[PDB]
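All chain A residue numbers match the PDB entry; in order, they span 1-447. All heavy atoms count here, side chains included; hydrogens, waters and symmetry mates do not. Start at 1 and go down the list; that is how both ligands and their atoms are numbered.
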Amino acid sequence: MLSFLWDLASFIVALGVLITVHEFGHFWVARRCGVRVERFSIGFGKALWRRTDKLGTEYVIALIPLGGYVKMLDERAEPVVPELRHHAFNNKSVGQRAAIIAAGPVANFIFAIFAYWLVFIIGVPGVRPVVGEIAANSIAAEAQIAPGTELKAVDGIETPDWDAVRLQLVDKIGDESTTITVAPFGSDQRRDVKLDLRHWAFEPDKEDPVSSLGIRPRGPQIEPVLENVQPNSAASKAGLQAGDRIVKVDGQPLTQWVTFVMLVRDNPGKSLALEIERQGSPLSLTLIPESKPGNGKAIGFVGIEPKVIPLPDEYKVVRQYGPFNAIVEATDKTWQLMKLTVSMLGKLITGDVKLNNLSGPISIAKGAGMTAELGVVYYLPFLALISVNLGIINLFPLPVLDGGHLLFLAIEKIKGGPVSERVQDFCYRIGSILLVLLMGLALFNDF
Ligand SMILES: CNC(=O)[C@H](Cc1ccccc1)NC(=O)[C@H](CC(C)C)[C@H](CSc1cccs1)C(=O)NO
Ligand SMILES: [Zn+2]
Ligand SMILES: [Zn+2]
């Protein structure tokens, strides 16, 4: 309960913000062009929050947060006073109406710029792309890549952190090989290696592209030391205190923490003989894991948070700039994201990216919950990414979207007159049908 509520709240706030910024771009550019905005609907369905401005503009918050619109003044929808005729949308030039229509996606892009600028002003952390472990017989193992190597670039594009590395790796789906400029950590002697991607197969929704290459990044190391023990837990009833060191679990010494994790998760109820050390004194204990609700089966909990040692700050990057520099870098980052979304849609259409791994609203909500839990410096880039996505999928040439408006408007500009009398209407309805079908298919592949 306490988790799903946070997820839904973060999802609703993210939606609200993005809808508001798109419709605000629409409304601002429209009002500046000289037309009169009537309704500023943020959401679909029955309205809940209606307010009226002095200029007659009605701001409306509805209940279905999966969209929104801006109702313009048009002679093709209501009878207009002879003086308000030039305040109508249809009585404007093709260029003005095209700008008013394109304002929305441009508003989303500008919101992404602003989010990344605010993040750069406040600063976003990051880890250097340094390999810690290499899985044998993998993509990177066969390319003469040794542990302790700092990735410098992917196909020439700079990769200062693991995030940019994954961002460039996902852009190589469908390719048979890729080129990575690497260097040992410390020495700036660059070297171009080539990863073979012919038999490469991974789901971007389920698999980390770094691990898909058999690469583990160097991160904070978990050590078999108890940081704190929650009260009224299995470890608390087992006699474990803060600062204890798990040495032996069921006869064999404890080498990794994932071993203890799997032993607690796959063995609920059954005892575990723990030989530990407390203040240099060896002790024996019997840990009986509980059985809290899990996914797929019954998982076991003990209430132990291990002690993690963060990797040295040598593998840390601070990405904060000054105001003007932050503006420049945010523009560059959002342009990169736009080009990457273009290439990703191209990959999905060309036939090498399955549509079943698409971002579904429940997955979007879980990601929003996780990000909002992580803080603001993570929630803002998430909002910027989803804003770029929304702005770029609405500029898609389809009758009901802003892009279809721009398309029919350009055809009117060339032809000298609106495309269709009612020949459009049968596409106006079919586009809404296709949008509802796409929404349903996206919701179903998420489930
Ligand atoms: C989550 N909904 C969307 O992303 C749809 C397009 C879509 C539908 C289904 C699947 C994928 C994309 N876009 C919009 O709702 C735009 C609103 C922005 C702020 C998101 C909106 C589209 S117009 C209208 C459609 C129905 C009544 S009014 C717009 O352009 N206002 O200026
Ligand atoms: Zn006037
Ligand atoms: Zn729009």
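- In this structure, the drug modeled at ligand 1 is batimastat.
- Per UniProt, the macromolecule in most contact with batimastat is Regulator of sigma-E protease RseP.
- Among UniProt's transmembrane segments of chain A, counted from the N terminus, heavy-atom distances below 4.0 Å from batimastat occur for 1, 3, 4.
- Those other ligands and ions that come closer than 4.0 Å to batimastat are ligand 3 (zinc ion).
- Listed in the PDB entry as the source organism of chain A is Escherichia coli.
- Rounded to 1 Å on heavy atoms, the UniProt active-site residue in chain A nearest batimastat is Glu23, 3 Å.
- Heavy-atom distances show that, of the Zn(2+)-binding residues UniProt gives for chain A, the following lie under 4.0 Å from batimastat: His22, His26.
- With a non-hydrogen cut-off of 4.0 Å, the residues around batimastat amount to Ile19, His22, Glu23, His26, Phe44, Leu66, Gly67, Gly68, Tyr69, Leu390, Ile393, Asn394, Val400, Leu401, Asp402, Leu435, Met439.
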